[PDB]
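6-thioguanine complexed to Mitogen-activated protein kinase 1, as determined in this entry.
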Amino acid sequence: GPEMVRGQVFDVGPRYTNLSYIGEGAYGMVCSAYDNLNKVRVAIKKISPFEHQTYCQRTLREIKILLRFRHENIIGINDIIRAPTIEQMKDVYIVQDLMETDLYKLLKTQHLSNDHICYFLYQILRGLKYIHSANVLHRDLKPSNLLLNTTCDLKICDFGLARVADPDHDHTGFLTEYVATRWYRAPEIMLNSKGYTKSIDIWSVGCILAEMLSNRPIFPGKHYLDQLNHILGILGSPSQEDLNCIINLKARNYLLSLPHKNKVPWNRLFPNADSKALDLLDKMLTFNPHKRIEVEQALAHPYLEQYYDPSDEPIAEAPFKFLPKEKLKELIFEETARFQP
Ligand SMILES: Nc1nc2[nH]cnc2c(=S)[nH]1
């Protein structure tokens, strides 16, 4: 008989005992557990994707990307538990370092010092530099995907929605795309972008920085179509030059149809913020994604000078250079084989 949690099978033993329900995540039930080999408590995520192709896609991305990546600011996969055979495999359990909290939970009740904001931002960008160097876009950066342990080591998690960057095929039509989580979604997603360029991730980091400064999301759209209203309400009307970069007529004419809006100065929105932090914020939350600061520039920004050290900001050895659910299950089975005894 497998272990049960909340009346649901959570079959991780015998290596992992003393289970404690933590909650529900994007993939399902999450528990903590005692790792009897490493004598430490761990996090375990139960995934049940095999009945749906799209679930299999996300699960395969998550596993394949995290197994290849090795970086201090990216969550590792310590172990993967599943049945010994493909026909017996229904659930997959991903084992990771237990982390005290995440930035979403933290920002609910804790004010961050400028020193913490600086340190968190540095770690996010250090992790992102590695991700982008692997030719990968995370595409769902937000506070709840930033894990923190008791000593404020930050690790980026959930690569289920990630893609290989494809800037030459990024252009699309107006109001069609569905990339990232709404509050953290770049303006071009609603205008003319499929979210296949690294600048998508930098926008999200900008949103996260703003949220660290005030403990409130900076662009709280109430639904998909509301999000652009909030972004433009703060950035103001885009310039002629930036509009000229949008060739799509529906997108450009939508923007031209709007009354003028003034830029709201960052120092009025954040009167207690470090001036260097606001300068960097402005560069990450730049409307035109071609003008938007890139991850290596952001690391070199004066705000982060106490931490900046390119030789200690490693890149990926093996970038990613480039199906029915049954084939995906087979790939998930193969991808997880290394953890079997
Ligand atoms: N507490 C906690 N620790 C983790 N380690 C990897 N993911 C997690 C989650 S979702 N929660």
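The numbering of chain A matches the PDB entry: 8-329, 336-354, in order. Every heavy atom of this structure was used, including side-chain atoms; hydrogens, water molecules and symmetry mates were not. Indexing begins at 1, ligand by ligand and atom by atom, following the structure's order.
- In this structure, the ligands or chains belonging to 6-thioguanine are ligand 1.
- As deposited, the model links 6-thioguanine (ligand 1) by no covalent bond to any chain.
- Residue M106 places at least one N or O, backbone or side chain, under 3.5 Å from an N or O of 6-thioguanine (ligand 1).
- Across chain A, the UniProt domain dominating contacts with 6-thioguanine (ligand 1) is Protein kinase.
- Taking the UniProt ATP-binding residues of chain A and keeping those with a non-hydrogen atom under 4.0 Å from 6-thioguanine (ligand 1) leaves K52.
- Close approach to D104 involves these atoms of 6-thioguanine (ligand 1), each under 4.0 Å from a residue heavy atom: 4 (C), 5 (N), 6 (C).
- With a heavy-atom cut-off of 4.0 Å, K52 touches 6-thioguanine (ligand 1) through its side chain alone.
- In terms of protein heavy-atom proximity, atom 4 (C) of 6-thioguanine (ligand 1) is nearest to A50 CB, 3.4 Å.
- For atom 6 (C) of 6-thioguanine (ligand 1), the closest heavy atom belonging to the protein is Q103 OE1, 3.1 Å.
- Within 4.0 Å of 6-thioguanine (ligand 1), judged by non-hydrogen atoms, the site holds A50, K52, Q103, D104, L105, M106, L154.
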Quick one: table the atom pairs, 6-thioguanine (ligand 1) N or O against protein N or O, below 3.5 Å, distance rounded to 0.1 Å.
residue: 6-thioguanine (ligand 1); atom: 1 (N); partner: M106; partner atom: O; Å: 2.7
residue: 6-thioguanine (ligand 1); atom: 3 (N); partner: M106; partner atom: N; Å: 3.0
residue: 6-thioguanine (ligand 1); atom: 3 (N); partner: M106; partner atom: O; Å: 3.4
residue: 6-thioguanine (ligand 1); atom: 5 (N); partner: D104; partner atom: O; Å: 2.7
residue: 6-thioguanine (ligand 1); atom: 7 (N); partner: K52; partner atom: NZ; Å: 3.0
residue: 6-thioguanine (ligand 1); atom: 7 (N); partner: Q103; partner atom: OE1; Å: 3.4

